[PDB]
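Structure containing doripenem (bound form).
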Amino acid sequence: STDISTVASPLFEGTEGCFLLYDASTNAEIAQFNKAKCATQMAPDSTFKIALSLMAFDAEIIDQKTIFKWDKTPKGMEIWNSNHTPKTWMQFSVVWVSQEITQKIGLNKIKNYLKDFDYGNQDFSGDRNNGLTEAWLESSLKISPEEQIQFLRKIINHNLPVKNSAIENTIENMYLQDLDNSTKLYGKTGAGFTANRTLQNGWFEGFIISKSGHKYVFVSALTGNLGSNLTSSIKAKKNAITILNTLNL
Ligand SMILES: *C(=O)[C@@H]([C@@H]1N=C(C(=O)O)[C@H](S[C@@H]2CN[C@H](CNS(N)(=O)=O)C2)[C@@H]1C)[C@@H](C)O
């Protein structure tokens, strides 16, 4: 386990940040920054779409071809104001799609999947009575970076009781770009403000796959006072990419 504080500290300055990079298959910790913050559960926010995507594909309520029909009313981010696909749901963090999906899957099945996924505190209660559509959004559901790492491992290792295609479709939909050395970056951002505080939580997590197909999981996460502009995930992602490019995996 390489302590990457020298590289990661400056990137997370002004926040309580952390970074974990694990070998997917072996669970070898490859790089870590701030294990204390890594153990701290916080709301997954949009990174919950990783889990939801698995559920939605597994429950067969979506296919890659599914078009989520926008209700034609403003959703809060312009990119959300359009029809979406499971891919763009992920890419653009289209929460209304998530909310359609959770309503379709239903709380019972979500709870079952949370068990299957060993997903953090598995608390989907939300709140009123809004768990089904809000529980992952700076609400009841919490998961730590370390737990996210293990969840991610389970996904890419196909160590989840879901359809293989659910896993692969979800991973595919998380594809973002190649890193500098052509390592594949799959990831998902999440951001939110801490309940009752001005603090922001940010995540960027996912998978990297080397040119030779070697799989790693990583989580970049932070909580910090970043002001009124919700940029925590932007920072988490930029930091993850900086770190990942430095690690040259
Ligand atoms: C998920 O965590 C939430 C949504 N997911 C986001 C993402 O890109 O992953 C975003 S964070 C994005 C970055 N800066 C934007 C600021 N909001 S603004 N002023 O442009 O309206 C937001 C978003 C929070 C969740 C709501 O699904």
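The chain is numbered in sequence order, starting from 1. For the numbers below, each heavy atom of this structure counts, side chains included, while hydrogens, waters and symmetry mates do not. Both ligands and their constituent atoms are indexed starting at 1 by order of listing.
Structurally, the main neighbour of doripenem (bound form) is the chain that UniProt identifies as Beta-lactamase OXA-1. Near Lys188, meaning under 4.0 Å from any of its heavy atoms, are these atoms of doripenem (bound form): 9 (O). The protein heavy atom nearest to atom 26 (C) of doripenem (bound form) is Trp80 CH2, 3.9 Å. For doripenem (bound form), the atoms sitting less than 4.0 Å from at least one non-hydrogen atom of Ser233 are 11 (S), numbered in the order shown with element in parentheses. Using a 4.0 Å heavy-atom cut-off, the UniProt beta-lactam-binding residues of chain A near doripenem (bound form) come down to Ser46, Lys49, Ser93, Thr189, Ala191. Closest protein heavy atom to atom 21 (O) of doripenem (bound form): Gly76 O, 3.8 Å. At the shortest separation from atom 14 (N) of doripenem (bound form) among protein heavy atoms lies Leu230 O, 2.8 Å. Here is the list of doripenem (bound form) atoms found below 4.0 Å of a heavy atom in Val95: 27 (O). The deposited model shows a covalent link between doripenem (bound form) and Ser46 OG. In this structure, the protein non-hydrogen atom closest to atom 2 (O) of doripenem (bound form) is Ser46 OG, 2.3 Å. The shortest separation from a heavy atom of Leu137 to doripenem (bound form) is under 4.0 Å, placing the residue in contact.
Among the atoms of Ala191, some N or O lies under 3.5 angstrom from an N or O of doripenem (bound form). The nearest protein atom to atom 8 (O) of doripenem (bound form), hydrogens excluded, is given as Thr189 OG1, 3.6 Å; this is a heavy-atom distance. Every atom of doripenem (bound form) is numbered from 1 in the order shown, and the set under 4.0 Å from a heavy atom of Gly190 is 2 (O). For chain A, the UniProt active-site residue nearest to doripenem (bound form), measured heavy atom to heavy atom and given to 1 Å, is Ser46, 1 Å. Against a heavy-atom cut-off of under 4.0 Å, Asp45 is close to the following atoms of doripenem (bound form): 2 (O). Looking at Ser93 next to doripenem (bound form), an N or O pair under 3.5 Å apart turns up.
For atom 19 (N) of doripenem (bound form), the protein comes within 4.0 Å by no heavy atom at all.
Of all atoms in doripenem (bound form), listed by their number and element, those nearer than 4.0 Å to a heavy atom of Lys49 are 27 (O). The source field of the entry for chain A reads Escherichia coli. Within the 4.0 Å cut-off (strictly below), no protein heavy atom is located near atom 10 (C) of doripenem (bound form). Lab note: binding site of doripenem (bound form), heavy atoms under 4.0 Å, is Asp45, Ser46, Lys49, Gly76, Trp80, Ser93, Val95, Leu137, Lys188, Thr189, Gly190, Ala191, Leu230, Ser233, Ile234.
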